[PDB]
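Throughout, numbering of the chain's residues begins at 1 and tracks the sequence. Atoms within each ligand, like the ligands themselves, are counted from 1 in listed order.
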Amino acid sequence: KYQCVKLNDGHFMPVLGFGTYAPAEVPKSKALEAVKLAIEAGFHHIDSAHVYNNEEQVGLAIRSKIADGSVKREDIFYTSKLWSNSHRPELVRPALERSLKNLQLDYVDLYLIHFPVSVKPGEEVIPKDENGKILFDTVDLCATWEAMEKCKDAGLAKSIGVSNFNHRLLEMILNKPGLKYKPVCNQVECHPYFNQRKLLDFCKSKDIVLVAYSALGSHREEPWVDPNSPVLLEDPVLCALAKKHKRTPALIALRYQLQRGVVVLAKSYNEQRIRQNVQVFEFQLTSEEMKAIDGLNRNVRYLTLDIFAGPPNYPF
Ligand SMILES: NC(=O)c1ccc[n+]([C@@H]2O[C@H](COP(=O)([O-])OP(=O)(O)OC[C@H]3O[C@@H](n4cnc5c(N)ncnc54)[C@H](OP(=O)(O)O)[C@@H]3O)[C@@H](O)[C@H]2O)c1
Ligand SMILES: CC1=C(CC(=O)O)c2cc(F)ccc2/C1=C\c1ccc([S@](C)=O)cc1
C-alpha cells in the first residue's frame, strides 16, 4: 500500500512523484538508473514528458521493474506531457502514440498539456526560423482539450490534466461548451518561496489537484533559472525545522506540500537522496510549523520559461 489522492475522474494519484528531467549534459543513461532506484525506494508515481527526451530510458526502467516482479503496472502511475509542437487537435493523439511507442507502454496514467504556448508542428521541439526566432503557432487550446478528452475515451490516457495554466486558462477549459472532462490536475511550480496559495485555493474549489514542481527549489540550471535567485534549501527556517526533526530541508519542503493537500514531485538522480525523499511519510509538521513555512512566501518564481513570452497564452 501507499498514499494516493482520488482525482476528479475517480482515478487515484500517488501523492509523491519522481521527477525525471535532468540538464542536457547529464547523459540520458542516468534516467534509466534513477527511475529503477525510485521504484525500489517506493515511488509509485513517475513524471516525464516528450520534451525531456528520456522516455525511452524511463520506459525501459518501468518495463524492467514490471518484468522482474518488483512491481505491477497498476502500481505505477506514469505521467507524460504533450509538447507544444503538437497542440493542433489532429496531432494530439499521434504525439501520445509516439510517447507510448518510445516507452513501450500501452497507456499513460496521466497526460498533460505541458505548456499553454503553441509552437509550429514538426520534429523540432523548439522550432526556430533562420534568425533564431521561435516559430509560434496559433491554436485554440479548447480544441486541444477535446483531442485530449478523446485520448482518455480511447484508453490511451487514464486521466488528463494541464500544466503551467493560470486562472484565466483553466477557466477557459472549465467553461468550455460541451466540456466532457475537467483537468484532473494543474502541474505548476510550488515551494515555500512561491506557495501558490491563491491558485491552490482556486484549484481546490474546482477539485483540481495542484501538482508541485521545483518543490525543492529547482535544478537551478542556467539559462532557465536566474542564478541570483535565493537557494530554497539554504533557508534558515527550513534548516532549523530540519535540524529540529532530524530530517533535511528537502524533506521539510516536501512534507509542507503534502499537508496542504498538494501532490509533490521531487527529482533526484542520487541514490541516497532518492531513498531519503520517501521519508516524507515518516513524520508530520505541527500547525505552528506549517504557519512558519507559509511565512517564507516571497513571490519568487524560478522557472519563467520566458523564451515563450509574447503570445497571449503565456501564463505568467
Ligand atoms: N510541468 C513542467 O513544466 C515542469 C517544470 C519543471 C519541472 N517539472 C517536473 O518536476 C520535477 C521536479 O522539478 P525540478 O527538477 O525543478 O527540481 P526539484 O525537485 O526542485 O529538485 C531540484 C534539486 O534537488 C536536488 N535534491 C533532490 N533531493 C534532495 C535532497 N533530499 N536533499 C538535497 N537536494 C535534493 C536534486 O539533485 P540530485 O539529483 O543530485 O539529488 C535537484 O537538482 C522535474 O524533474 C520534472 O519531472 C515539470
Ligand atoms: C517545458 C520545459 C521545462 C519545464 C519542465 O521541466 O517540464 C524545462 C525546464 C528547463 F530547465 C529547461 C527546459 C525546459 C522545458 C522545455 C524545453 C525547452 C527548450 C529545450 S532546448 C532549447 O532543446 C528543451 C526543453
In this deposited structure, which macromolecule lies in greatest contact with ligand 2, as labelled in the PDB entry? Aldo-keto reductase family 1 member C2
Which of sutezolid, sulindac, valacyclovir has been placed at ligand 2 in this model? sulindac
Quick one: look up the protein heavy atom nearest atom 25 (C) of sulindac and list residue, atom name and how far away it is. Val51 CG2, 3.9 Å
What is the organism of chain A, as given by the entry? Homo sapiens
Who's closest to atom 2 (C) of sulindac heavy-atom-wise, of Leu112, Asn53, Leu305? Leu305
May I ask you to list the atoms of sulindac that are less than 4.0 angstrom from any heavy atom of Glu221? 11 (F)
Distance from atom 21 (S) of sulindac to nearest protein heavy atom, with residue and atom: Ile126 CG1, 4.3 Å
I need the atoms of sulindac closer than 4.0 Å to a non-hydrogen atom of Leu303, numbered in the order shown. 4 (C)
Okay, next: other ligands or ions under 4.0 Å from sulindac? ligand 1 (NADP nicotinamide-adenine-dinucleotide phosphate)
UniProt NADP(+)-binding residues of chain A with a heavy atom under 4.0 Å from sulindac: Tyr21, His219
Side chain, backbone, both or neither: the part of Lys81 lying under 4.0 Å from sulindac by heavy atom: neither
Using a heavy-atom cut-off of under 4.0 Å, does the side chain or the backbone of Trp83 touch sulindac, or both, or neither? side chain
Identify the closest protein heavy atom to atom 5 (C) of sulindac: which residue and atom is it, and at what distance? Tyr52 OH, 3.3 Å
I'd love to know which residues UniProt tags as binding substrate in chain A are close to sulindac, meaning a heavy atom under 4.0 Å. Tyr21, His114, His219, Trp224
Site residues for sulindac, heavy atoms under 4.0 Å: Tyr21, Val51, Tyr52, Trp83, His114, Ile126, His219, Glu221, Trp224, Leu303
Check each N or O atom of sulindac against all protein N or O atoms and list the pairs under 3.5 Å, with atom names and distances to 0.1 Å, one per line.
unit_1   : atom_1 : unit_2 : atom_2 : d
sulindac : 6 (O)  : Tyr52  : OH     : 3.4
sulindac : 7 (O)  : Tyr52  : OH     : 2.5
sulindac : 7 (O)  : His114 : NE2    : 2.8

